[PDB]
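Simply put, chain letters go A, B, ... down the sequence lines. Using the PDB entry numbers, chain A covers 1-99, in order. Following the PDB entry, chain B shows residues 1-99, kept in their order. Per deposition record, X-ray crystallography, 1.7 Å. Any value given below was found using the heavy atoms of this structure, including those in side chains, with hydrogens, waters and symmetry copies removed. Atoms within each ligand, like the ligands themselves, are counted from 1 in listed order.
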Number of protein chains: 2
Amino acid sequence: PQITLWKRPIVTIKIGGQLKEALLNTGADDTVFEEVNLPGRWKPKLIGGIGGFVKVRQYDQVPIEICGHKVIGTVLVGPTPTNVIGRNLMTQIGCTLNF
Amino acid sequence: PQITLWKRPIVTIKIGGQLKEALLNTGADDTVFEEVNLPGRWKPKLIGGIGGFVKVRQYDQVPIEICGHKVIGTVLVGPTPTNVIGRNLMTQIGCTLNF
Ligand SMILES: CC(C)CN(C[C@@H](O)[C@H](Cc1ccccc1)NC(=O)O[C@H]1CO[C@H]2OCC[C@H]21)S(=O)(=O)c1ccc(N)cc1
């Protein structure tokens, strides 16, 4: 699809057996969800760094569906006001900026 | 141009008689630069909101050149680690997300 940027680019996600929404965020290196229950192994990751750090759970090679596009990528799980699809997963669906 | 997202989407900016770089950030509503000296009238704006607020100077209808595209939009001036082009100016250059 072609998504214009007059509104926040919020899209429908299937992740961890749940239906979610997330923001397409070209300013974020990483993808972060809260309130998902992912199976499999994880490792702790410190992210952020301003004010302190936040400790999140890093899950590798997570199957995820973004706008009907079934892809795989690293997902961080921790507190976030709006779930965020970062560049690490936008590359997987083939998403570019165009003008 | 078509910009892929394997790297941070940092582009060349002409603003306030200066050459700058800024990140194309679809997760940001607003555009924020530091260390620019913009002419004209401004008004205070509170942005952020997490940890406290940050007070910035809001300048309306600022002429700015983004990748050789000469456009106009609101620019906030305050502290930021990397200058940020938000949706308010990506719409002006006709930038979309595509996949
Ligand atoms: C400015 C970014 C570097 C900050 N981040 C995302 C950012 O886009 C959030 C988006 C966002 C979404 C969910 C959770 C946190 C942050 N919005 C934002 O701060 O935009 C500001 C710049 O212009 C202004 O206009 C509106 C807000 C102002 S960030 O996700 O925390 C981030 C910071 C550093 C890295 N390496 C990777 C990601």
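- The molecule at ligand 1 is the drug named darunavir.
- Here the macromolecule bound to darunavir with the most contacts is known in the PDB entry as HIV-1 Protease.
- By chain letter, those with a heavy atom nearer than 4.0 Å to darunavir are A, B.
- For darunavir, the atoms sitting less than 4.0 Å from at least one non-hydrogen atom of A:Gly27 are 37 (C), 38 (C), numbered in the order shown with element in parentheses.
- Close approach to B:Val32 involves these atoms of darunavir, each under 4.0 Å from a residue heavy atom: 22 (C), 23 (O), 24 (C).
- For the pair A:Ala28 and darunavir, a heavy-atom separation below 4.0 Å is found.
- Annotation for darunavir: atoms under 4.0 Å from non-hydrogen atoms of A:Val84 are 12 (C), 13 (C).
- Using a 4.0 angstrom heavy-atom cutoff, B:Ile47 does not count as in contact with darunavir.
- Listed by number with element, the atoms of darunavir under 4.0 Å from a non-hydrogen atom of B:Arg8 are 36 (N).
- Taking each of B:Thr80, A:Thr80, A:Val54 in turn, the one with a heavy atom nearest to atom 14 (C) of darunavir proves to be A:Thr80.
- When each atom of darunavir is checked for a heavy atom of A:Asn25 under 4.0 Å away, the hits are 6 (C), 8 (O), 10 (C).
- In this structure, residues within 4.0 Å of darunavir (heavy atoms) are A:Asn25, A:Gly27, A:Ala28, A:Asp29, A:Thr80, A:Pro81, A:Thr82, A:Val84, B:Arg8, B:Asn25, B:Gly27, B:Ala28, B:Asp29, B:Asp30, B:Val32.
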